[PDB]
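16S ribosomal RNA bound by tigecycline.
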Amino acid sequence: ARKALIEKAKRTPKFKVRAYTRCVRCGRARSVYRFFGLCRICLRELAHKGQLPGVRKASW
Amino acid sequence: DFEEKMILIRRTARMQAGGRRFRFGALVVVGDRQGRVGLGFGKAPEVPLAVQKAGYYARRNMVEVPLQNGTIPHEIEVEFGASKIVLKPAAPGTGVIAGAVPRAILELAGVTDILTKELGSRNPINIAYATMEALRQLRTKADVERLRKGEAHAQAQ
Amino acid sequence: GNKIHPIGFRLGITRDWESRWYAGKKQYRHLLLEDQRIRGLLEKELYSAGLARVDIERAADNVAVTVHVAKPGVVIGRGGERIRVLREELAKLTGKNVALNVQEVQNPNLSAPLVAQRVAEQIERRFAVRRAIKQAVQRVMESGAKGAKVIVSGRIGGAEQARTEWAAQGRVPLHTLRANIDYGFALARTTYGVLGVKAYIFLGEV
RNA sequence: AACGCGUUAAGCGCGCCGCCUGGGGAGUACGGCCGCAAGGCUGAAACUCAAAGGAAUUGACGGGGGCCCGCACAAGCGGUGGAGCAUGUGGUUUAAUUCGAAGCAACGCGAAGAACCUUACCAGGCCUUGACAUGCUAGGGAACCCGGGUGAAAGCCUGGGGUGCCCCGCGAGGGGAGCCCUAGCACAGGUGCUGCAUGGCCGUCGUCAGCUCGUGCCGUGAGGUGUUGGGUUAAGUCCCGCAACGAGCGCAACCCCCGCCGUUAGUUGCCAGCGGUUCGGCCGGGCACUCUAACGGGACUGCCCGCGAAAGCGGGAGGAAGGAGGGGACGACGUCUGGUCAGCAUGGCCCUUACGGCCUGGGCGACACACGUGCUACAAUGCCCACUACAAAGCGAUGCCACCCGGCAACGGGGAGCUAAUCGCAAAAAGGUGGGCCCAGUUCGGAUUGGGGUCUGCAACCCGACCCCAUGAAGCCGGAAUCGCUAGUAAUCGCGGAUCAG
Ligand SMILES: C[NH+](C)c1cc(NC(=O)CNC(C)(C)C)c(O)c2c1C[C@H]1C[C@H]3[C@H]([NH+](C)C)C(O)=C(C(N)=O)C(=O)[C@@]3(O)C(O)=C1C2=O
Ligand SMILES: [Mg+2]
Ligand SMILES: [Mg+2]
Ligand SMILES: [Mg+2]
Ligand SMILES: [Mg+2]
Ligand SMILES: [Mg+2]
Ligand SMILES: [Mg+2]
Ligand SMILES: [Mg+2]
Ligand SMILES: [Mg+2]
Ligand SMILES: [Mg+2]
Ligand SMILES: [Mg+2]
Ligand SMILES: [Mg+2]
Ligand SMILES: [Mg+2]
Ligand SMILES: [Mg+2]
Ligand SMILES: [Mg+2]
Ligand SMILES: [Mg+2]
Ligand SMILES: [Mg+2]
Ligand SMILES: [Mg+2]
Ligand SMILES: [Mg+2]
Ligand SMILES: [Mg+2]
Ligand SMILES: [Mg+2]
Ligand SMILES: [Mg+2]
Ligand SMILES: [Mg+2]
Ligand SMILES: [Mg+2]
Ligand SMILES: [Mg+2]
Ligand SMILES: [Mg+2]
Ligand SMILES: [Mg+2]
Ligand SMILES: [Mg+2]
Ligand SMILES: [Mg+2]
Ligand SMILES: [Zn+2]
């Protein structure tokens, strides 16, 4: 998250290959789940508040 | 309902694997300046939890005092440890001359005038119940000729 | 850093999710992104009202933003004046059916995140670090809670040596699932930095 | 002082003696005295340090002991270290090879996806209220949308289309909100620093049985007791004892998975009997059982002989399960000033026409080496070509792609089904049947090369994966050292998901 570098990935690019996601909540595109638009740090951090519906804590 | 000064506090060390651990200790007086007076010594994890506790022990550890015109009935001396405590009556106008800790305890117990010295070892705590004992042991011109003589009392008086 | 978040443990065991919907793979990604705007604006403003738990139930493009809060008439204003200013400022961000309610935090000591806040405030407020935390807890077994515990955790009192503190009382048993405990993360800001705070309350075994 | 003394006093008193007066210097010097001598006796100071000490407490520690446990060692299986390749890493090199991780507890770890992008790095072409926020003042501009020129792209010079909304007004048209440009100012922004100024979250000793408080008891106290001893326990689990009695955070249970069974349920799953059958649960019909998810039942040392004050323990009966049945989530007070300012958050130091910003290309992949992790091997319990069976879990309507045709093939073309128990990835593979190889650097092995193609993609030279042909390297089971696992585990064999065009 260099501020302007959330933006180099927000707007649409010269060619379609450059289409890399990022986190809405912090702007680390290093490990991101295109199902949460979120990363692993976030996904827990949040899931740990129950702010993501149906996201349970797992065990078997 | 008891007015209560405070004598001394300290932090003491235990130990353990990885860093020390502690506990704090609080020397506390009590006393309706006309007669009575207690002392406590309180240990506890956080400070004023102790200072509060030390106040407890003092309520039970009470010593009525023979008092006589705000002063001490006879002379007196007592040892306890290697800390040697002196008292001695002073006249109207000479007043709580005594270092740090008898002052605290004598005042609150109710003395106007008194003379005083401390001896050898000076550690508060000894000189504390040095004097708690010095005072447990004061004796009165009547408590007395009715300790002795009083074999056949009320023939004498 | 050894242990686990209490709420995120009882996820449908002795708690509940705030945002309670359904969603498809298409929708959940965007749909949730929305809630984290709803809950960014809603928060940022409502602060000095004492906002607690923010429900966001959902039907077919009908959002259902409930709100638990200390002080319902600093959400309101006079009459119904300032609640309207927002109720659309959300439909201004959604682009849809914001039903933004209000629900008072009845007993305020008996709900953690508040408890956390006022303390983190009191630290911002340059108060007596210890006593803050003592009285913090104090009031919690004074309002009638089963267990209390507050964890002040910074460069405390203005010191260069970073430590931590706390106290507690009563049952604090976070290894019992069947014990309902509320976590409060606050996060004071003082001239020397930033000093996160915690607060756990037990209400009862079920 | 405490240790301990304790009618053998270190208890309570009388007499007399000698002796001490802070550590070092120092049992030295000076002087006298004694002895043959070695030396002794008597015995200082100058200077220098804030101590030198005494008992005692909690810990830590011992090449001190006593008693328990962990795949800690042994008893057993299989590997690494050697070989080639894959991946991190050390060192070198570099215009830069961006960063951080550091004994176990850094090393297929941040990367659950580096061709530009990511990208902090380097070389060039550039932007200056800036890719971004809420604004202020002066002046022009509706917003906005289309084209050319120069160019590696950015960037810059420039042609045109457009002139809505609010208030006043008959009107030209001025005022206003938005947004737009030019100049200036607030300021933006920084993956600049310090994890040893923090938050939080993580690792770890450690799922080890430990860590503590209250009231009281005991010491002048730090402190002890409790928690210890004996029995028992995966445990501070519990039984008995005790100056203790209980509680708080741990253990444990309540949550999930798997094991048996019952209640509600019969679709897109299921087929034991009956009807029809294009022989395909295909259709009628049924929901029996398998499955399918939701809730409940059940295991308690309850029963028996034995052992035992008891807790417990050993063997058994019944039971699907037996002493917690297997597995998961679950990590106590604290330590290592352990980890990261490189997710985010923030004190502070630091730049702000430059570290900030945009861009095309180059780089994290370089290679005299070294380690750390894994893959495939070195083959006969095997390699290979056919025919032949038996899985669970997950993904997919911007995708999964049954079949059909073309091609030796990757794949291309055409195209039916599927919001997914209905359709598809889908071939499960070791196993089975049948046959080929016959100890060979081999039909073992599958490197590294020569050429030919397919695909994703603006774009495969750096620097991709896959197809076919030809090349057929090291290595015949591995030095000293060293790793994992106690049962459906170890080994061995296949499937899947996330990330992501590839
Ligand atoms: C080198 N020393 C003087 C040092 C200095 C600092 N910080 C500073 O000097 C900063 N001081 C300021 C405030 C800027 C004036 C330091 O901050 C540190 C250290 C020590 C290191 C030691 C590290 C070590 N290994 C990993 C290199 C290590 O083995 C351990 C360990 N115990 O296992 C560490 O703790 C270590 O990683 C570490 O933390 C250190 C420092 O933090
Ligand atoms: Mg930042
Ligand atoms: Mg991409
Ligand atoms: Mg003496
Ligand atoms: Mg002295
Ligand atoms: Mg004796
Ligand atoms: Mg001297
Ligand atoms: Mg062995
Ligand atoms: Mg750094
Ligand atoms: Mg690049
Ligand atoms: Mg640290
Ligand atoms: Mg470091
Ligand atoms: Mg450090
Ligand atoms: Mg255990
Ligand atoms: Mg005592
Ligand atoms: Mg007991
Ligand atoms: Mg203990
Ligand atoms: Mg004991
Ligand atoms: Mg217990
Ligand atoms: Mg049917
Ligand atoms: Mg039939
Ligand atoms: Mg547990
Ligand atoms: Mg270390
Ligand atoms: Mg790398
Ligand atoms: Mg064909
Ligand atoms: Mg095809
Ligand atoms: Mg051979
Ligand atoms: Mg084991
Ligand atoms: Mg696989
Ligand atoms: Zn993220």
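Reminder, nothing fancy here: chain letters follow the sequence lines and each chain counts from 1. What you see here is only part of the deposit, and the contact count is restricted to that part. Scope of the values below: all heavy atoms of this structure, side chains included, with no hydrogens, waters or symmetry mates. Whatever order the structure lists ligands and atoms in, that order sets their numbers, starting from 1.
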TODO: Indicate which ligands or chains correspond to tigecycline.
DONE: ligand 1
- [ ] Tell me which other chains have a heavy atom under 4.0 Å from tigecycline (ligand 1).
- [x] D
- [ ] Report the source organism for RNA chain D from the entry.
- [x] Thermus thermophilus HB8
Open item on the list: Just wondering, does anything else (ligand or ion) get under 4.0 Å from tigecycline (ligand 1)?
Closed with: ligand 13 (magnesium ion), ligand 23 (magnesium ion)
Open item on the list: Just wondering, which residues come within 4.0 Å of tigecycline (ligand 1) on a heavy-atom basis?
Closed with: D:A102, D:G103, D:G195, D:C196, D:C336, D:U337, D:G338, D:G339
